[PDB]
Structure formats: structure tokens, C-alpha cells
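Opening remarks: the structure here includes xamoterol.
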Amino acid sequence: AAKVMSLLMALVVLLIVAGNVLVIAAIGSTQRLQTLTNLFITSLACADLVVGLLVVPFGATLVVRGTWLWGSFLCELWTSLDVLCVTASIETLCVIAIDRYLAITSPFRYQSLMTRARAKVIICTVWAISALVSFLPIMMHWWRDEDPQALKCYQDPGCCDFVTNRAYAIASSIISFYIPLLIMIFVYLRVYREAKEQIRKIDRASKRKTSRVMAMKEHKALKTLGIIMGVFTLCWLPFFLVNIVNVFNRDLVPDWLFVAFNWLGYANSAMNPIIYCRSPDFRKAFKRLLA
Amino acid sequence: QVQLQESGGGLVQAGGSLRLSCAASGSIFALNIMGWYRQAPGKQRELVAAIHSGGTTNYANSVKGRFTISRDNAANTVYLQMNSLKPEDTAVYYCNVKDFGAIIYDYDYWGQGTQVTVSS
Amino acid sequence: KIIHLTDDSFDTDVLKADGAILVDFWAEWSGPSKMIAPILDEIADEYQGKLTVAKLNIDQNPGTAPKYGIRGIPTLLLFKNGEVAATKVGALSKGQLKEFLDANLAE
Ligand SMILES: CCCCCCCCCC(=O)N(CCO)C[C@@H](O)[C@@H](O)[C@@H](O)[C@@H](O)CO
Ligand SMILES: CCCCCCCCCC(=O)N(CCO)C[C@@H](O)[C@@H](O)[C@@H](O)[C@@H](O)CO
Ligand SMILES: O=C(NCCNC[C@H](O)COc1ccc(O)cc1)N1CCOCC1
Ligand code: NA
């Protein structure tokens, strides 16, 4: 089992780095792909790339070795980098949802409103919020719990467990995950509503001659909308649910499961290249980049 | 397969009017933009007019107040009522459908084109 | 294929013994301790070469169970080169016990 568990972690790093490098390459190398949406995809790909290169590898060792081997400063910095990139990843998914929603439902209002320079500011905000949720509280010890058992892991340089006070785990989880989740639900539900209402008008227009049914395009749109919310929620909801549970009755969920749920969230960073870069232009770019 | 069928073009006198019409057959996602582009000889393809499924519109400045884009409430058909034509409006006019069915990216369909020649 | 352990033979049969030893701490009085008895018999044959099943009656031999801190029964302690590698407590079906062994044996 533990032989297979380490081999699994290896490809998680490979899939993330391979995938996200390939996206960033495709966008930077192809003039056609340098659209406004793909500016946000670039932000996402960078965050997931740093997760693959630095965050997940150091995490892999901690599971295999059973202990932190790089000392207390690098435990903090690795944890800060982890939180930052997960926050920037999830908050960027939320921005993409909004971007696509406006691009689909109000395409003309969107073109004048969403400039490239306004997009650059949105991207910078996401990374600034990510930094202030992660580096500022973790390096300055605001995240620290008072409990004696927690204080034993903070002093031990071999221990790098992710233990926090109440306020931080609530505020950090809401800003990094739950607000982004709700916005994404709200936004994508309005895409479904706008589509459903549009079919109702087409049925009304016919003067009782036809009733529209879900064609090939509508089933694909609904399946695509399912993958987006489904994979995002499956990968991160369990971890972030348990992260709040730990703040109250900490003995309820075992440590091995909470760790396993964290690996599921890291796997999201491998999924995003596959979910968000399926366009014809991306497929042409990927073939060209692989000779 | 999706196909765009263009009609209503041809020769016409300056100050006259045409009514282009593009009937899109096949599965199109309910959220989309049907539009008209044009390519005058030895120039680049420009937008003329576009109408979103919702109802909002977008016109180029050269044709504002003269042209009018509308669409069939029932089927996927888009009309361009061109009034007060000038010799500058002479071009191959292309129908275009931007389909939003993939959510993350838009898929494009182009018609073959239809000639519109405006003489003085 | 099952070794039937005593207090005295425990050092030679389990601690000094080569390979993996699966020790069952059972008692004649416990109903849960009996439910796994016919399952362990099938495990002894199906995991020949990979494991050695062993059994120790707590009524007969009360000295060994205190040393490893056995509260409830049945308790299955998997032994690897004189050390306890993993633990499972309470009764199981054939499939539940196989996943415990399959995961723990193939390192
Ligand atoms: C819309 C953007 C606004 C973001 C701000 C609202 C959510 C986060 C604010 C917040 O911190 N809390 C509300 C979230 O529940 C509560 C926690 O701070 C609270 O648990 C601790 O402060 C106490 O335990 C201390 O006694
Ligand atoms: C460009 C936009 C700039 C906005 C920057 C503000 C970020 C949101 C505020 C914030 O950082 N937090 C909520 C404030 O409570 C999270 C933590 O900083 C804080 O909750 C923890 O430090 C305490 O829980 C520790 O006891
Ligand atoms: O303990 C960690 N890793 C610590 C850091 N992991 C944190 C999660 O990725 C992300 O959480 C948050 C992100 C943003 C937040 O606002 C709050 C939590 N591991 C378990 C062992 O295997 C390696 C990973
Ligand atoms: Na520590």
C-alpha cells in the first residue's frame, strides 16, 4: 500500500507540472491564444505550477519520511507558499466564472467594461489577497494556536503539522474557499437560468407550434458546467469542511483522512489544465508544442 | 452539422435598400451571437452588426442609423435590413454565429459569403 | 498452518520468527473472538509464504496480553521482525481482513 501511495504522489507532481507548463507555453507562444479569458487562465496556471514545483514535493517527503527535515523557518515558508497558491488558484477560478458569465450573457457590455488593464488589476488583487491571507498571518505568527499540544509542534522543528487558532481557520477558509464557492455557484446558476429562460422565449415565439428539447449543444453545456463545479467541489470541499471541523471538536476526524483530503485538493491543480484549456486553438497549440 | 445559408444580396442603386438573411440550421446553444461581417476588396474583414440571443445589439459606426439587425424569435435566422446604401458598402458579406455551448471558449461558424454591390 | 501459542513459546514463535506473523488474541468466552476463527483458517492457506497465522488463548495464557496493552478482543497484531507493524480490533469479514493484510504486507 505505502509503496503504491508514494508512486501515486510522483505522477501528481508530473501531471501538474507537465499540464500547467504546457498551458503557459501555449499562451505565451501563440498570438491567437492571448485573449482576455486566457489572461486569467495564465494566473491560474502559474498558481497550479508553483503548487507542482515547490508545494507538493516538500509535502510528499513529509508523508514518506514521517517528519519535517528542513527546519522551522522553511516549514513556515512552505506553508505560506502552499496557502498562497491554493488561495490564488481558487479565487482565480471564481474570476473565470464571472468573466465567462459576462462574456456569454452580456457580451457587448463585457467588451467595453472588461479591458486588459482592468483584468491586470483583478489578477493583482487576487495575488495580493492570497499573500495577505497566507504570508502575513503565518510568518508573523497570527495563525498560532494557544493550546499546549499545538505549542509542542511549533517548537519541534521535525513537526510541521497544519494547526491553527479558531479565527484564522474560519477567516482563511471563507476568503480562500467558501466565498469563491458561493460566487461560482451563483454565477453559473445564472448561466443555467439565462439559458432556460431563452428556451422558454423560443417556445413562446412559435405560437404553440413547437416545444424545444435539449439538443446536443445543451447536454454538452450542462455536462461541462457539471465538471467545472463537480471537480472543484470534490477536490477541495472535503478538506475545507474538515479544516473548520478541526477548530471545534478536533478528535472527530482522524489525521490520516485530513491529510488525504489535502492531497485531493492538490490533484485539482492537475485537473484545471484539462478542464479550462479544451479550445480548438489550445489543441492546435499543444500539438505544435509537442513537435 | 451546423450550416449557415445566406440570401438577399445582389446589385442595387445608391440610396436603395437590401435585406440580408442568414438561416442557421443544426444544433446551436441557446446563448449565442449571430452577426454580419463584411470584406471590401483589398481590405480586412470588419464587423457590420451583431445581435445576442438575449436581444442586445452592436453596430459599426459606418452603418449606424442606416442598417438594422434583428432575428427570428422562433428559429436561428438573422436579418440585416440595409437602407440608404452607398458605394462604400460594397463588399462580400459573411454571416457568423458565435456559439457559447462550451462555456470557457466560444465556437465560430462562418457562411460562404454573399456579394453586395452598390453602384452610383 | 496455524501455530497455537503459549506464554513461554511467544518469544520463539513470534519475536524471533522469520517473516510476518499475524497473532490473534482470543478467548473461549468471547463470541466476537469466535466469529473470526474460521476466517483466520482460510487466511492461513490463502496467504501461505506471505504470512504466518498464530493464535493465543487469553484464558490459558494471561501473561502475554498485558505486555501489548490489549483492551478488547479479538485484537489482531501483525508482527514484523519482532515489532508490531499494525493493529486491528474487533471482528471482521473475509474481505475486510484481506484489505488490512494486503495493504500492510506489500509494505
Ligand atoms: C464578503 C467579504 C467579507 C469577509 C469578512 C467576513 C467573513 C470573515 C470575518 C470573520 O472573521 N468571521 C465571520 C466568519 O464566520 C468570524 C471569525 O473571525 C470568528 O470566528 C472569530 O473572530 C471569533 O472566534 C473570535 O471570538
Ligand atoms: C487588495 C485587497 C486587500 C484586502 C486585504 C485584507 C485581507 C482580509 C483580512 C484578513 O487577512 N483576515 C481576516 C481578518 O480577521 C484573515 C487573517 O488575517 C486574520 O483572520 C487572522 O490574522 C486572525 O484570525 C488571527 O488570529
Ligand atoms: O500538511 C500538509 N500541508 C500543509 C499545508 N496544506 C494546506 C492546504 O494545501 C491548503 O489549505 C489552505 C489554503 C488556504 C487557506 O486560506 C486555508 C487553508 N500536507 C499533509 C501531508 O502531505 C502533504 C501536505
Ligand atoms: Na515545527
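Sequence lines set the chain letters: A, B, ... in the order given, protein chains first and strands last, and positions in each chain run from 1. Order of listing sets the numbers, starting from 1, for every ligand and every atom in it. This entry, so its header tells us, was determined using X-ray crystallography, 2.5 Å.
Counting all copies, xamoterol can be found at ligand 3. In this complex, the main macromolecule engaging xamoterol (ligand 3), as named in UniProt, is Beta-1 adrenergic receptor. Every other chain with a heavy atom under 4.0 Å from xamoterol (ligand 3) is listed here: A.
Applying a cut-off of 4.0 Å to heavy atoms, one finds the binding site of xamoterol (ligand 3) to be A:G59, A:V63, A:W78, A:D82, A:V83, A:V86, A:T87, A:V133, A:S172, A:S176, A:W236, A:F239, A:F240, A:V259, A:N262, A:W263, A:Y266. Interface atoms of xamoterol (ligand 3) facing A:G59, defined by a heavy-atom separation under 4.0 Å, are 22 (O), 23 (C).
Using a 4.0 Å heavy-atom threshold around xamoterol (ligand 3), the UniProt transmembrane segments of chain A, numbered from the N terminus, that qualify are 2, 3, 4, 5, 6, 7. The cyanopindolol-binding residues of chain A named by UniProt that have a heavy atom under 4.0 Å from xamoterol (ligand 3) are exactly: A:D82, A:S172, A:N262. Xamoterol (ligand 3) places these atoms under 4.0 Å from at least one heavy atom of A:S176: 14 (C), 15 (C), 16 (O).
Each of the atoms 16 (O) of xamoterol (ligand 3) lies under 4.0 Å from some heavy atom of A:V133.
The A:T87 neighbourhood of xamoterol (ligand 3) comprises atoms 14 (C), 16 (O), with distances under 4.0 Å to a heavy atom of that residue. Those atoms of xamoterol (ligand 3) with a heavy atom of A:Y266 less than 4.0 angstrom away are 3 (N), 6 (N), 9 (O), 24 (C). Annotation for xamoterol (ligand 3): atoms under 4.0 Å from non-hydrogen atoms of A:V63 are 21 (C), 22 (O).
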